[PDB]
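The structure described below contains streptomycin.
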Amino acid sequence: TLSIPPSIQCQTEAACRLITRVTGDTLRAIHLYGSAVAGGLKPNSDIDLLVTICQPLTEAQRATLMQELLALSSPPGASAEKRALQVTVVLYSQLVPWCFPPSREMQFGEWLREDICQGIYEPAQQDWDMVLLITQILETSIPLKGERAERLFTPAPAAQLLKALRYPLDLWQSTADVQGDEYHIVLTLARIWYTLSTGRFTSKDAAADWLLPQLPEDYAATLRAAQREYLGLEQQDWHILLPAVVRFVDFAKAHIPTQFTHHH
Ligand SMILES: CN[C@@H]1[C@H](O[C@H]2[C@H](O[C@H]3[C@H](O)[C@@H](O)[C@H](NC(=N)N)[C@@H](O)[C@@H]3NC(=N)N)O[C@@H](C)[C@]2(O)C=O)O[C@@H](CO)[C@H](O)[C@H]1O
Ligand SMILES: Nc1ncnc2c1ncn2[C@@H]1O[C@H](COP(=O)(O)OP(=O)(O)OP(=O)(O)O)[C@@H](O)[C@H]1O
Ligand SMILES: [Ca+2]
Ligand SMILES: [Cl-]
């Protein structure tokens, strides 16, 4: 039985209590997922939460939830006891039965603090990553509210999981597509490659270790630098590394499988 890390139990309980109070009778479930449960919880890591609701939130509820989550969350790395929160809200009707691509009602995150602090909220929108979120939750998650994931959601067809995995791959193209997110994108490409090759999901760090000995050394050096920064061991100048990041992205677009090698 998967366990909530003691060091996030208090904050996680407070988030669960807030989400429960604001959503009320529409709440179907709350699931903890991501590196807190699957492994690889770093000092800058956020706490990943999926909220499943039955009906869309009112305009006032969205504002209440967004504003109060701001007070429960801190920028990543600002505090060892008050982590960044990521809260994704989805309609049950978008997942059972599946809609492809599924829509997400709402997303809270620290990368939106400046907008959210002004009352600017993302509307409901289509998100291919929701297929990957649910797939990961089906394997590794904890129900803070409601039923365990395997009793609530069904697996997506492999054909849709493939499309969800390759969607960001086709979108990363230019220097500006990757600028500001260099090591994140390099590591996520490693996780995508891993999943398409083995059918499984794994941590950012472990995916980098899996891919490294398979790469020509020039691409291994870029992956090693992204891994080393993510592990907090060295902050690179990613403006100098940008051309090598672009080459890494192109290499992954050329070499990552176009079909599962080993389904999920
Ligand atoms: C939804 N989670 C947050 C989000 O992550 C995103 C992150 O997405 C980033 C793209 O790579 C980048 O090319 C894109 N850059 C562009 N020039 N388009 C970013 O804008 C995008 N970030 C974003 N929408 N907040 O890369 C994806 C693989 C992701 O992990 C999930 O869809 O954005 C990250 C910051 O960019 C946050 O750290 C995450 O918590
Ligand atoms: N093959 C993949 N395996 C895992 N995550 C993937 C994959 N492809 C894309 N992603 C997406 O990348 C994002 C990773 O989430 P997130 O950045 O919170 O990472 P994490 O594993 O929880 O680590 P961290 O401790 O840095 O938060 C999710 O949106 C996830 O769906
Ligand atoms: Ca996370
Ligand atoms: Cl860990």
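The numbers used for chain A are those of the PDB entry, and the residues that appear cover 2-262, 266-268, in sequence. When a ligand or atom number is given, it counts from 1 through the structure's own listing order. Side-chain atoms are counted along with the backbone in the values below, which use heavy atoms only and exclude waters and symmetry mates.
- For streptomycin, every matching ligand or chain, copies included, can be listed as ligand 1.
- Per the PDB entry, the macromolecule making the most contacts with streptomycin here is Streptomycin 3''-adenylyltransferase.
- In this structure, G110 falls outside the shell of residues with a heavy atom less than 4.0 angstrom from streptomycin.
- Polar contact check, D178 against streptomycin: a nitrogen or oxygen pair lies under 3.5 Å apart.
- No covalent bond joins streptomycin to a chain.
- Residue contact check: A177 has heavy atoms under 4.0 Å from atoms 17 (N) of streptomycin.
- Counting only heavy atoms, streptomycin sits under 4.0 Å from the following UniProt ATP-binding residues in chain A: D47.
- Looking from atom 40 (O) of streptomycin to the surrounding protein, the closest heavy atom is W112 CZ3, 3.2 Å.
- Considering only non-hydrogen protein atoms, atom 35 (C) of streptomycin sits nearest to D182 OD1, 3.5 Å.
- Less than 4.0 Å from streptomycin sit the following other ligands and ions: ligand 2 (adenosine-5'-triphosphate).
- Heavy-atom distances show that, of the streptomycin-binding residues UniProt gives for chain A, the following lie under 4.0 Å from streptomycin: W173, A177, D178, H185.
- For a threshold of 3.5 Å applied to N or O pairs, the pair formed by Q87 and streptomycin contains at least one separation below that value.
- Assignment of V179 to the shell around streptomycin is not supported, since no heavy atom sits closer than 4.0 Å.
- Within 4.0 Å of streptomycin, judged by non-hydrogen atoms, the site holds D47, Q87, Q108, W112, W173, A177, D178, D182, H185, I186, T189.
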